[PDB]
Amino acid sequence: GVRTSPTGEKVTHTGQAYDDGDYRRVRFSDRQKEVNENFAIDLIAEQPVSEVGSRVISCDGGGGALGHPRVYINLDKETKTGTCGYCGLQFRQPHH
Amino acid sequence: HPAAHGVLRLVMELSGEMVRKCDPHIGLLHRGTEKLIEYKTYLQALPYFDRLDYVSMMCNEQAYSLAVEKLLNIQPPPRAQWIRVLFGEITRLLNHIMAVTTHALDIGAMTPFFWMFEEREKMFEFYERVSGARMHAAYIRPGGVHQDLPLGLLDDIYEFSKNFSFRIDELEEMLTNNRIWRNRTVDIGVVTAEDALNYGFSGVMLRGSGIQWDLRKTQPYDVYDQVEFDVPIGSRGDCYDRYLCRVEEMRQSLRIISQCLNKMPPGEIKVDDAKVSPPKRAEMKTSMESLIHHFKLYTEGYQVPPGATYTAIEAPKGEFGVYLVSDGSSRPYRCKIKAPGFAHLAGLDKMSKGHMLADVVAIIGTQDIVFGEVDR
Amino acid sequence: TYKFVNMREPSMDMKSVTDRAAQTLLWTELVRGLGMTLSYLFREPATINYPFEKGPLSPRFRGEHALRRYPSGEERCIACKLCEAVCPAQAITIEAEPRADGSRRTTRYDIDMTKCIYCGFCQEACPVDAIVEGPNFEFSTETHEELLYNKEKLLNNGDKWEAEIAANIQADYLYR
Amino acid sequence: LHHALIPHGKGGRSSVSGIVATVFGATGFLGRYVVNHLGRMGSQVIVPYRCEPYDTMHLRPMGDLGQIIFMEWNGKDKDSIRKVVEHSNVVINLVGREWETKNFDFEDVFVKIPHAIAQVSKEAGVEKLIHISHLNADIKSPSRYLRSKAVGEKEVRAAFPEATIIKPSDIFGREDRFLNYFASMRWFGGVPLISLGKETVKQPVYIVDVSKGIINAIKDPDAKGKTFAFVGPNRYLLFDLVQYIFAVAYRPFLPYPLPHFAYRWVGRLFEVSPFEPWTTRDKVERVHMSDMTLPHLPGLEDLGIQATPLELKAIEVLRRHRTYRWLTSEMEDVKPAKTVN
Amino acid sequence: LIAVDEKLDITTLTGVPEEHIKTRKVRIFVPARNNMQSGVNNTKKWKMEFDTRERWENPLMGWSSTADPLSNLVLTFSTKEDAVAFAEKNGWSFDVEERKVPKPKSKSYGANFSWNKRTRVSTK
Amino acid sequence: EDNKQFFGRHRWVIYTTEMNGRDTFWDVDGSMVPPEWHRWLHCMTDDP
Amino acid sequence: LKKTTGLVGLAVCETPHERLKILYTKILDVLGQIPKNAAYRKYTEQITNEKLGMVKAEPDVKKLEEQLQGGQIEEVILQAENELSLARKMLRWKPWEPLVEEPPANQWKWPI
Amino acid sequence: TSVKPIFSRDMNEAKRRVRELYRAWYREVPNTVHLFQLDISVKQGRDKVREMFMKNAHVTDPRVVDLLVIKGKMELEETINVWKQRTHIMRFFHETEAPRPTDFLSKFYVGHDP
Amino acid sequence: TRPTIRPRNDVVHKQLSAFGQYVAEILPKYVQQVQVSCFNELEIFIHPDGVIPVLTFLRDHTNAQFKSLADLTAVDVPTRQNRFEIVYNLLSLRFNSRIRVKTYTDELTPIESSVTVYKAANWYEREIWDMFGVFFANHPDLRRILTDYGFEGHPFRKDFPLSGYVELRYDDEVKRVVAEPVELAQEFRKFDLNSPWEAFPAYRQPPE
Amino acid sequence: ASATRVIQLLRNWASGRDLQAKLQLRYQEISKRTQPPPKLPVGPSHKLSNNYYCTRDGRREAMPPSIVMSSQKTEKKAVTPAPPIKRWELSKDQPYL
Ligand SMILES: NC(=O)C1=CN([C@@H]2O[C@H](COP(=O)(O)OP(=O)(O)OC[C@H]3O[C@@H](n4cnc5c(N)ncnc54)[C@H](OP(=O)(O)O)[C@@H]3O)[C@@H](O)[C@H]2O)C=CC1
Ligand SMILES: CN(C)C(=N)NC(=N)N
Ligand code: SF4
Ligand code: SF4
Ligand SMILES: [Zn+2]
């Protein structure tokens with residue numbers, strides 16, 4: 001999800017964009033600014049929430065030894081979903 | 001200069017073309033390796049040794065690993081030691097190919113250079129297969145080796161070793177009995193045994209002078225006490241004898257390579273001590289102790305007990321030594337690198353007495369100087 | 001044990017003396033060297049037809065760097081700075097902060113490719129397989145600044161080379 | 001000041017000086033010296049070039065990573081001029097040819113281009129404009145070069161009232177025309193001089209002094225809309241000057257008087273070269289013309305520069321013209337020329 | 001064996017610039033214990049470090065630049081006297097901080113259950 | 001592919017005459033191969 | 001008897017026994033000027049009389065080389081010459097005297 | 001406390017060696033200017049030698065003086081043997097460094113330096 | 001079996017201890033201390049002016065034929081009065097052994113040059129001088145070996161900055177390489193790696 | 001290799017060796033670039049019991065060097081650093097080249 005600054009310069013996923021009066025925009029004249037179009041925050045928000053009937057779940061990121069260190073998430077808070085913070089993956093207990 | 005290896009300033013006084021004195025000016029490839037090592041950790045300083053004698057790279061790595069393991073009071077597994085010796089002999093083949101072919105190119109012959117450099121290309125392929133880097137592997141590490149061999153490496157090494165003696169024979173068909181090569185090399189740069197010992201020569205220089213001394217035989221390391229090989233011995237202490245010694249050392253290293261291929265044992269590749277060598281990726285991602293040890297080893301590094309050691313190996317260019325001083329921290333306090341070529345280049349002036357310009361070129365070639373290790 | 005490379009003496013019988021004299025007057029070893037060079041002339045060259053043919057490589061090859069993603073699209077890097085700590089040449093600069101959704105993610109991830117020694121320590125120390133050394137090696141530039149990669153450049157490299165990087169990691173991950 | 005324009009460091013290669021300068025005519029003698037001084041300060045330098053990029057290579061090592069930016073430019077394209085002056089707070093104009101080509105005249109290089117640069121820079125909001133002119137810039141001058149210089153100076157002052165117009169006398173240096181042009185007349189037998197060089201007075205100025213004065217005019221806050229005269233410390237007769245040049249070059253000096261019409265015809269003959277001419281009629285007029293005296297205008301001492309005498313830096317230029325017999329001769333071996341002060 | 005009634009001064013031999021000899025004030029001290037850890041093994045040797053100088057931002061890549069050679073230079077000494085001697089013979093100015101050791105404290109687990117004193121704890 | 005050729009010459013690529021927007025009839029780079037065929041051509045795998 | 005010693009610059013000696021006896025006698029003569037209680041004098045006198053006894057009891061060169069365990073007989077002669085020169089230098093140096101000076105309080109401490 | 005002298009015993013012999021080295025450098029400047037093709041004057045070289053000798057005029061330790069004259073002999077024999085290039089000889093003159101300010105007001109204006 | 005622990009050699013340890021006692025008895029005037037490290041390395045600490053006698057003895061003695069000079073370097077320990085620690089490594093081929101001889105010196109005290117005992121000492125002592133500032137008295141040619149011509153300072157000293165004080169570039173105005181004060185686009189980021197927990201109790205020092 | 005019979009004969013005659021026996025170009029005799037997955041061994045310390053790190057800690061067994069003689073603090077036979085190195089034996093495989 002790329003966004004355009006008021007000076008016509010693309011804004012990166014870190015919010016970086018030179019100011020209007022910043023002289024450092026001269027480096028992009030007759031050239032281009034390297035911006036990655038895919039936003040990890042947007043993609044992980046697009047990812048859904050997995051419902052599992054357990055108080056504690058485990059996430060290793062998928063792939064086993066090719067993922068991240070296996071961690072355990074406690075799904076007791078019913079006001080929010082438990083997020084594995086290695087891969088930003090949300091898990092939840094079945095309500096209703 | 002084509003014959004100066006790139007970073008040597010040889011200030012020479014010549015009466016006509018006869019050499020009156022040689023004054024080697026070195027330091028044009030001095031980088032401050034030892035100071036940088038002081039600023040690095042033990043794992044971060046390994047590529048420095050990888051880049052010291054950049055023709056015997058796994059040999060430098062093995063010497064550094066032996067020093068660090070001696071300080072740590074640990075022991076590599078037998079499979080790691082066998083892989084170390086196998087790749088040390090492969091590196092010796094690489095180094096001797098480079099030395100002999102560059103010597104012959106400085107004399108005037110280039111066809112053996114091209115042939116044996118194709119062979120060097122195949123050995124570079126072996127290096128890249130094990131490590132991912134063609135020459136600067138950083139593969140041999142204190143505690144063992146970084147990774148295990150792929151599942152075809154031994155067979156490909158066997159094929160290479162099977163087809164290499166013919167290449168050595170072809171190299172000898174152009175040089176050994178050629179009268180021009182004999183005129184260029186015979187009775188050039190003659191050094192007596194006592195002078196070699198006093199000046200501090202090591203390896204092929206001593207053996208050409210006739211000294212029966214080899215570190216792999218007298219002070220064995222890794223599994224060099226389990227392999228059989230012969231040590232070439234010179235008679236006249238000249239360039240021709242040293243060249244013959246290097247060729248025969250290539251053949252004996254082929255012997256050792258065959259023995260290592262047959263005697264490669266099973267087991268792990270590094271000391272089973274997660275406070276020195278990192279755990280496996282699966283253990284790190286499933287075990288809390290393994291994750292903690294991975295974190296600490298790759299951020300701070302393992303502590304080494306205080307003490308100073310001097311460990312030397314028979315690198316392809318002579319005795320390569322490390323004087324390592326540890327103050328108990330995770331970074332070395334001092335690391336002095338004894339390069340074999342330093343003493344040889346110091347002795348260049350004496351060996352060139354009463355000779356000419358081409359003779360001095362031949363003497364440089366037979367000394368086989370790497371200024372990376374000379375200057376550090 | 002030891003052996004003598006050159007300690008043999010020639011026999012002084014008339015036949016051997018005449019053979020040596022014929023070798024001296026008729027340049028026999030020189031003709032032999034000529035024959036060896038002629039044989040190599042009539043052999044097949046070992047030259048590959050670059051750039052249409054490439055030299056062999058292995059899954060372990062260390063080339064251009066890349067920052068990887070999870071299959072969901074989330075970045076693998078968690079700003080843990082293990083690669084920065086373990087980098088021998090100090091080629092990596094990392095700055096991070098909590099993201100909008102609270103994730104531990106980097107804001108600056110620079111690698112100076114003119115300072116890097118391509119030693120592979122960063123991908124060994126990474127616990128999430130985020131930073132990798134890809135298979136690419138033909139990325140020479142015309143200006144020095146183009147080799148000072150930043151986070152956007154590394155993410156573009158990862159997106160560009162993800163398939164081959166994933167295949168190589170699958171091939172070689174059981175040895176690690 | 002913008003937060004990125006505040007000077008930082010110790011005035012070194014890796015420091016920040018707050019100067020963002022677009023240097024037109026940077027692919028030349030004074031251009032290379034000015035760019036070197038700016039990069040040495042640690043400034044941002046933009047180099048508009050119309051030549052082959054191979055001819056801009058000597059400017060690459062003059063600055064740190066990213067501090068030198070090369071962009072194409074036409075001179076007839078105000079779009080390109082704006083593109084290169086958009087992000088710079090200083091614009092320096094050193095564009096000029098000593099001869100005339102098919103596409104650019106003395107009017108084009110000294111009137112149209114400087115006026116376009118000044119007008120475009122005013123719209124873009126450039127804070128400072130430095131414009132290089134000639135000391136003998138007279139509207140009624142015999143030289144079209146100097147007439148165009150005067151007209152362009154007036155046009156630049158009209159377009160950018162806050163400009164700094166610098167008028168060097170005759171820049172001498174390693175890559176100069178002056179000392180090389182005088183020392184290259186060995187090939188054509190003797191040295192032709194109009195009135196034997198007895199009616200011409202010249203005070204050349206050192207290239208490093210000119211570049212330092214250009215740099216200090218940027219840093220000085222009370223030089224915004226001014227005019228400076230950059231001249232050397234000593235004034236020489238043309239005969240004495242050429243005699244000293246040949247003495248330092250260790251070449252035999254054989255002067256002879258050539259009448260003005262004959263010298264003009266000779267210059268006309270040499271200007272038919274499609275390549276860089278060896279001499280031209282305007283060049284002959286400028287060489288014969290005596291340097292003006294303008295005591296009211298400020299100068300190097302007012303900008304903080306002590307002008308370097310020719311007797312200290314002549315051997316840098318003229319040692320190249322010596323033979324092997326005289327290559328190693330020292331600087332003190334030649335008596336200084338007779339001055340007219 | 002000659003006798004010299006002079007103080008040791010090797011500033012002319014060390015090769016350090018006059019600016020970094022005269023305008024430098026080192027700090028001789030024992031580092032304070034890191035409050036995030038309970039270990040005290042980093043508070044045993046004296047350290048000598050220089051005064052902080054300017055650090056600015058690189059226009060390209062935004063890195064942290066410096067112009068001070070002695071920014072990263074820290075020396076380790078076994079004794080305050082040794083550190084002072086080194087600073088004096090090298091000619092830098094120095095500021096000495098006396099070592100701070102924790103004062104002895106009287107601890108008792110039985111005080112957590114006092115009959116009449118406030119040391120009794122409300123939780124364990 | 002020609003497995004009868006010696007190793008290094010047994011696989012090769014004939015580049016296209018136009019990639020993206022650049023005319024590559026003569027100007028052919030080694031970087032014009034996509035990563036999958038790059039892996040196959042550099043022999044990190046036996047499977048195309 | 002043998003063609004070469006195998007070492008460059010080391011010539012063959014036709015009279016090894018007499019040369020060794022001469023060198024050992026000279027070494028013992030030099031050691032008589034060293035103080036009786038010197039630790040250097042006792043050890044080298046012991047080893048010299050041990051090696052001088054072997055050369056006076058074995059007339060065969062090969063068996064003498066086997067018994068001395070000092071390499072070849074030419075190497076033994078060279079080592080005897082080196083020992084004689086060292087004995088003369090130590091006579092000049094007089095290193096049996098008490099220690100010149102103890103080091104500072106903390107000079108060999110490590111780690112520090 | 002008695003210490004091992006490098007040379008010169010007391011200060012007088014150290015001064016004598018300083019004078020000898022100064023003569024050696026003074027008689028070498030014309031040769032240095034001739035061989036290196038320096039654009040400086042012989043007077044400039046002699047003045048630079050005098051200046052480099054004068055910045056160590058405050059030394060009162062004979063051993064430090066002996067080490068200084070040893071290093072001076074080293075850098076003189078580098079100049080005589082043309083081991084040095086014109087690069088180093090002109091590095092002695094700092095011809096490219098900008099003049100550092102020395103007054104409080106200018107130092108305050110430029111930056112944070114003491 | 002203990003596969004992860006280095007085996008020890010009591011025979012070699014005892015032999016090295018006996019030979020250390022031997023040399024200490026033979027040379028009481030210079031030998032200050034004798035140590036044998038637990039990985040079987042003999043180390044001898046001597047008075048700085050005993051270098052020539054001790055090295056000549058260890059080279060020429062029949063029972064100590066250390067005919068080869070493996071290495072020669074120095075170690076800088078600023079906390080000591082004599083900061084520089086000269087180290088000699090000798091190899092005896094006849095007895096297949098190695099020995100280490102250590103002496104001490106400071107900035108203003110010369111050390112006798114051992115070029116008359118070993119010829120490698122020439123370049124080894126040249127390097128020691130160039131990198132630490134130690135002067136060797138009777139040296140045939142003592143000068144810089146590794147540093148640039150006219151380089152000021154001895155870089156291997158602990159008090160010498162890692163990047164030095166000057167850096168080189170080509171200046172187009174003067175048409176030559178110039179040396180200017182060091183200025184880094186990115187400063188070397190110093191890391192504090194030591195853990196505040198003691199690793200080896202065997203090396204713990206008294207509180208004093 | 002792919003070559004004519006006559007050219008092979010000329011090459012063998014010129015060099016004096018049967019080159020086809022020892023070729024320097026690789027023709028399908030090398031290992032396949034794709035290999036089956038491995039399963040590497042674990043090691044000696046992967047036990048679940050009787051495996052304490054205090055009994056297998058190499059770094060903690062290191063000791064400061066033993067002070068054999070310190071100045072600060074019968075007829076003994078002279079000793080050597082080690083027994084003299086034994087004379088090497090000539091190679092039975094190929095004593096001379
Ligand atoms: N040099 C002297 O003796 C004196 C010079 N001056 C003035 O100082 C200024 C600088 O002089 P100097 O360095 O010696 O001159 P140069 O001839 O050496 O350099 C001229 C510069 O301007 C560029 N340029 C010239 N004509 C054009 C054009 N039509 N379009 C675009 N770019 C052009 C050139 O680029 P390119 O290479 O691409 O053509 C070059 O970068 C000039 O204005 C000159 O009149 C004043 C007094 C004395
Ligand atoms: C780098 N090495 C080892 C060389 N022999 N180099 C050379 N240019 N000959
Ligand atoms: S490969 Fe090595 S040098 Fe390069 S960034 Fe990774 S850790 Fe640093
Ligand atoms: S090691 Fe991996 S997760 Fe940690 S900072 Fe580096 S790239 Fe990110
Ligand atoms: Zn997860």
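Order of the sequence lines sets the chain letters (A, B, ...), proteins ahead of strands, with each chain counted from 1. For ligands, and for the atoms within them, numbers begin at 1 and follow the listed sequence. In what follows, every heavy atom counts, from backbone to side chain, and hydrogens, waters and symmetry copies are set aside. Displayed portion only: the contact tally does not extend beyond what is shown.
In this structure, of clavulanic acid, metformin, gabapentin, the molecule at ligand 2 is metformin.
Contacts with metformin (ligand 2) are greatest for the chain named in the PDB entry as NADH dehydrogenase [ubiquinone] iron-sulfur protein 2, mitochondrial. The heavy-atom neighbours of metformin (ligand 2) at a 4.0 Å cut-off, by chain: B. Near metformin (ligand 2), within 4.0 Å on a heavy-atom basis, the structure shows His5(B), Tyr54(B), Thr102(B), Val370(B).
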